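The chains are labelled alphabetically, A first, in the order the sequence lines are listed. The residue numbers of chain A are those assigned by the PDB entry, with the residues present covering 1-11 sequentially. All chain B residue numbers match the PDB entry; in order, they span 1-166. The listing treats every modified residue as its parent amino acid or as X, leaving its further atoms out of the contact count. Only heavy atoms go into these numbers, but all of them, side chains included; no hydrogens, no water, no symmetry mates.
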Amino acid sequence: XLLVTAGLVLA
Amino acid sequence: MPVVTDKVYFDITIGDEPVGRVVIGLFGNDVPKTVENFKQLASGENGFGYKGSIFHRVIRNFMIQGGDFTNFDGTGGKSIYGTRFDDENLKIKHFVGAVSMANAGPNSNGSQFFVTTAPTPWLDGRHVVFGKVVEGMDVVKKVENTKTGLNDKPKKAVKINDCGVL
């Protein structure tokens, strides 16, 4: 998807 | 509309060429603790902070992400209160040019932040918004338009060559 992490970073 | 109480600037280079200044207005009456953390990291007054760090992840029509002055790749950074600190207020909505805390789940703000360049309402209630771009949206445009490679890393480094508090 469109996310904004900090370590992993998902779809 | 939250009110702008302080402003900070970033002078940006892309592969070493100066590309201008972004000025960020901070919502210090609504998220004082988050705004303190950002100011102090911009002034560098604790002996560490944004100067010389990069925008390590840039997605066109979405956002630019930076603030990881420990590892330079999105896994690091730290607040002025220690590694991580709690979400201050999650009621302020995102909008184009919002400046917001990256995190890794609840109550894990550090130093990593993003500037959005389109609407991102699916982030609402999940990331603390604490500021907006009040000058240099043209410069923010250049950054979001650099060529990127693996996991959206700019090919030329996008550096905060200087920053501080106006």
Checklist entry - Which drug does the model show at chain A? => result ciclosporin
Checklist entry - Main binding partner of ciclosporin in this structure, as named by the PDB entry? => result peptidyl-prolyl CIS-trans isomerase
Next on the checklist: Any chance you could list the binding-site residues for ciclosporin? Cut-off is 4.5 Å, heavy atoms.
Outcome noted: B:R57, B:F62, B:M63, B:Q65, B:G74, B:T75, B:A102, B:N103, B:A104, B:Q112, B:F114, B:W122, B:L123, B:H127
Checklist entry - Which chain-and-number residues of ciclosporin contact chain B with heavy-atom separations below 4.5 Å? => result A:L2, A:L3, A:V4, A:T5, A:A6, A:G7, A:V9
Checklist entry - According to the deposit information, what organism does chain B derive from? => result Trypanosoma cruzi
Item to check | Name given to chain A (PDB) | outcome: cyclosporin A
